[PDB]
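Among the contents of this structure: rilpivirine.
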Amino acid sequence: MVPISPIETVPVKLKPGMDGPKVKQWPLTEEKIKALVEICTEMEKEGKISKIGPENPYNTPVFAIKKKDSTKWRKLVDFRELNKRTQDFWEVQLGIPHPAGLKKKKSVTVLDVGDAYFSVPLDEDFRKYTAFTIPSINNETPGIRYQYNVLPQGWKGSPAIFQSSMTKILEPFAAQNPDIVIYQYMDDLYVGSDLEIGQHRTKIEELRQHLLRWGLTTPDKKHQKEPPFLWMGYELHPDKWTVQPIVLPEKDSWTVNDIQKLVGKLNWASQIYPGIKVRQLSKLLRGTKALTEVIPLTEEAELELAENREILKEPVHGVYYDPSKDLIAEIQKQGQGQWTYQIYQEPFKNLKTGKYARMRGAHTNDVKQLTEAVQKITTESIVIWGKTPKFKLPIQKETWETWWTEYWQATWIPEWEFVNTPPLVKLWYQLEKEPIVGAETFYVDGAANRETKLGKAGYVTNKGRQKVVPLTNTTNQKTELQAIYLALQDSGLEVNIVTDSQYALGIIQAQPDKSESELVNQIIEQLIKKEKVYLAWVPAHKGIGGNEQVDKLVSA
Amino acid sequence: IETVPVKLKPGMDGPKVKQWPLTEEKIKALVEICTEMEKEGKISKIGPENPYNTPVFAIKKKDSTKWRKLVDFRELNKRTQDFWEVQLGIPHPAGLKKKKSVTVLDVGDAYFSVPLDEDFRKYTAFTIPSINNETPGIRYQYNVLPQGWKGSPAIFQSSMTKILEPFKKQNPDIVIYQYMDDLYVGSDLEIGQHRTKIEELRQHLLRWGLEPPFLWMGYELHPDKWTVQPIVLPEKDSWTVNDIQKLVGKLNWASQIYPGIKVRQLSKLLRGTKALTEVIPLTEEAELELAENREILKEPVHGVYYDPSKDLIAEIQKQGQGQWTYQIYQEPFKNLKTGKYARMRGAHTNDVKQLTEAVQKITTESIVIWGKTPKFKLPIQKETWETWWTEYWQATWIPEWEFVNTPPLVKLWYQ
Ligand SMILES: Cc1cc(/C=C/C#N)cc(C)c1Nc1ccnc(Nc2ccc(C#N)cc2)n1
Ligand SMILES: O=C(O)c1cc2cc(F)ccc2[nH]1
Ligand SMILES: O=C(O)c1cc2cc(F)ccc2[nH]1
Ligand SMILES: [Mg+2]
């Protein structure tokens, strides 16, 4: 024989303070017991398991499942209890490769490594914890006791240890053949290259040889699976990729379940199908989670669904990454806090698409949302391609400079250029930095009774203009906002406004253009119509004239 | 040469932190560095039975073109034991902040000469990721004292003092303080003299060493010139209504910090409902009240003390035009130090690079005065900061930070 290199075992431990499993073996029919005996005898012939003496105190239940539409049974060792007691492992399958980051390949061959899996031995000191028992016929003899010598199917550490064992085997072959790509998924190895099919098939045979150094055989009758590959919900072709078919169902009535799976399909399709929107459909699941209840779909939801059906009429494909060309990312505003983007290298051939939704919060504006969408695309691009794309944004360079220089927070967008495709992101108002000469000065204030919810809001001005409005079902914070709204309502196009509300300033200094409070939205609408607005703050209850006068009027 | 026994804290598992995304240039740099470190035995490949992980990335130290590997041991450092076996601690030298030239030296590569306890090495696990996760991440662990781990200076301290024994008693005047991978040396000498005793210092570490890649560097500070911020009120000949409102607002704020601040006569000047731009003459009662407040603001704050058992907190405000203000405190309104920056380096168009450099300079100041880093309250969205701060980081340590989402009105009073 030819000597083969052994696969070094991974030392496995149980979690600290825990012991192995000691679970009862279920009673089995006489027909199931025979089937397990013949199955386990074959596994023992192949070296997968070994019979053990009675001193081993551990046990894991075994079952026999009828392979549907066949007279052949199949074994199942229920390692659920041992998995609870097995240590945590490093899981490399943490992050899938995104197809948009892959490179085009002329040839991609598949090799089966199913036999190589049980050539990976289990740590000798851990094998005792995998003990199981086949019940004897009529319970008149001791049951047959086995333990595993290889990675058992269903055990917690089997995927991680197999992947790491094969990784260590493939490392020298990949390093010394940099003109090929190798990827492992389940019991298969995928080898791609740009080599001519003669040189490519030579590399495949060289890989088969290299695998025999460890005694791992691969089937000679080459794999039936061939491009395209159905993999992780994608369709992989040699020079293109897409998602597996997205079919939106026809339904006269929709359930919470139907909408949950509908948004999931739309989210999955949004990575290559441009312009997918899910806000109005996702609004219908707000707060409630009774799986079977029916929800009437709003007219806003039927339009969004009809728009999505029109986007999904015909297939759309993405191209693969060319490292020799720049990445370009373009963003568009869709409305209602929805943003869509495309990432490409050559015009009209996207690598991938995507979308971004506004975070739920009290107040926000378009510039903040565009900034957040840029940071999400940036991070996603570092993951997939290892570099930041050049951005094409629907915001003028002058608008951005005005925003970030005056915004109270530090903010930054990477290298970008303006693209003139409406709707453009703009600033709807900008407060003055100094008081306005000639503009009327409005001293506003509001107050409310915490028990009766009754309050007043109003203002007094330097020209003698006054107003106090009685209010019901309001709070101290609402009256302070209402008072500012009244000053904006009753003033000319330039106005100075003096308030003592730290609450109202914390809102307005955040510069929102849309809010969850309609009262703030009315103030924003008033601010947009003005020419000049100066907002000044003073502390309350300090004898500040103007503020002191209106406070007595509104707190009465 | 013999490992010191090291344990975590009771009822505490190792770190399991996710490796954040890295650019192509940083991955290739880390692969080249770790390949060399593996050849020199500093690190070793690990298997899947090690579930722990600590993030890693690469930087460029100030004034150099070579990549430096930096491990973010923040989570591990929280979880390792506190070492008071030989010394309860290093009583922080209060004289370092009073020398007029302090140079920072990167001596972290000297840690690699001491092996790490075999049972603790698994907790230093880190991963070199691959682009698009196309190839399995490269998994390493440390065989020697790692840079950035709080146990490295504690374990190596026994060796460091003996290396510096010939230099320190030759130059008794000179203050030497170690924080993590950094060595701060303060002197009262002239700078031309200063840099050559800096390299005189470098003599000892390469002499024993037999090469450290970043030992030839020097970060020159001047803690004697470090400027304070006292509260100052405007001096005007004509005061508008808006001017007096802003003044009363600032004085009301200072009254939380200083007891005897009064605003009653100044507020009376606002009696009526006047235009914001109208000039108001100061009454006498108001001028005296203003002068009395000026006198109060020239004294220090009462009951201000540093407590080494409490965390230092650093707040930062963006003032515009590349200027930033900051305050270090442990209790509200009890500022231990305040300052202001404007000379922010090569980022007149990048807010985040300015803030990242402000954080590093404030942390450097905090290390010199108190010997520990503060927890920052950053005026930036979390997603914006975490995307970009690693691109402008040049220090070997990393402080803690939280994010401010509400605009502080105290910014009006620190400009
Ligand atoms: C991640 C991955 C999944 C499969 C697929 C697993 C399955 N099922 C096959 C391979 C070879 C890879 N690895 C890599 C690495 C770099 N570029 C590429 N490009 C690439 C991959 C497939 C096709 C095709 N057809 C074309 C180009 N693949
Ligand atoms: O470059 C590759 O395709 C590659 C590198 C590599 C290293 C391993 F350890 C296993 C598979 C691999 N594939
Ligand atoms: O760039 C803009 O959109 C913008 C700038 C600006 C300045 C103002 F004074 C008022 C509104 C604005 N909008
Ligand atoms: Mg009031």
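Note on naming: letters A, B, ... go to the chains in the order of the sequence lines (proteins, then strands), and numbering restarts at 1 for each one. Keep in mind that the numbers below use all heavy atoms, side chains included, and drop hydrogens, waters and symmetry copies. As the structure lists them, so they are numbered: ligands from 1, and atoms in each ligand from 1.
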Check: Could you list every ligand or chain that corresponds to rilpivirine?
Finding: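 Counting every copy, ligand 1.
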Margin query: Just wondering - which macromolecule does rilpivirine (ligand 1) hug the most here, in the naming of the PDB entry?
Written below: Reverse transcriptase/ribonuclease H
Note to self: So, with a 4.0 Å heavy-atom cut-off, what else is touching rilpivirine (ligand 1)? Just the chain letters, please.
What the structure shows: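 Heavy atoms that close belong to A, B.
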Note to self: Checking a contact table here: which protein heavy atom is nearest atom 5 (C) of rilpivirine (ligand 1), and how many Å away?
What the structure shows: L236(A) CD1, 3.6 Å
Margin query: Using a 4.0 Å cutoff against the non-hydrogen atoms of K103(A), which atoms of rilpivirine (ligand 1) qualify?
Written below: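 Per the distance check, 17 (N), 18 (C), 19 (N), 20 (C), 27 (C).
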Margin query: Among all protein heavy atoms in this structure, tell me which lies nearest to atom 4 (C) of rilpivirine (ligand 1), with the distance rounded to 0.1 Å.
Written below: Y183(A) CD2, 3.8 Å
Notebook entry, point to check: Which of the atoms in rilpivirine (ligand 1), numbered in the order shown and given with their element, are less than 4.0 Å from a heavy-atom of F229(A)?
Noted result: 8 (N), 24 (C), 25 (N)
Note to self: For atom 21 (C) of rilpivirine (ligand 1), what is the closest protein heavy atom, and at what distance to 0.1 Å?
What the structure shows: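 Of the protein heavy atoms, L102(A) CD1, 4.0 Å lies nearest.
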Notebook entry, point to check: Which protein heavy atom lies closest to atom 16 (C) of rilpivirine (ligand 1), and at what distance to 0.1 Å?
Noted result: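 Result for atom 16 (C) of rilpivirine (ligand 1): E134(B) OE1, 3.7 Å.
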Notebook entry, point to check: When you look for heavy atoms under 4.0 Å from rilpivirine (ligand 1), do you find them on the side chain of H237(A), its backbone, both, or neither?
Noted result: backbone
Next item on the list: Take every heavy atom of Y320(A), measure it against each atom of rilpivirine (ligand 1), and state whether any distance is under 4.0 Å.
Entry: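 Contact check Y320(A) vs rilpivirine (ligand 1): positive.
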Note to self: Quick one: what name did the entry give chain B?
What the structure shows: p51 RT
Item checked: Numbering as shown, the atoms of rilpivirine (ligand 1) that approach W231(A) to under 4.0 Å (heavy-atom distance) -> 6 (C), 7 (C), 8 (N)
Margin query: Give me the nearest non-hydrogen protein atom to atom 9 (C) of rilpivirine (ligand 1) as residue plus atom name, then the distance to 0.1 Å.
Written below: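 Result: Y190(A) CB, 3.5 Å.
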Margin query: Give me the nearest non-hydrogen protein atom to atom 22 (C) of rilpivirine (ligand 1) as residue plus atom name, then the distance to 0.1 Å.
Written below: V108(A) CG2, 4.1 Å
Next item on the list: Give yes or no for whether the N/O distance cutoff of 3.5 Å, strictly under, is met between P97(A) and rilpivirine (ligand 1).
Entry: no
Next item on the list: Name every other-chain residue that has a non-hydrogen atom under 4.0 Å from rilpivirine (ligand 1).
Entry: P97(A), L102(A), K103(A), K105(A), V108(A), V181(A), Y183(A), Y190(A), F229(A), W231(A), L236(A), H237(A), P238(A), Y320(A), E134(B)
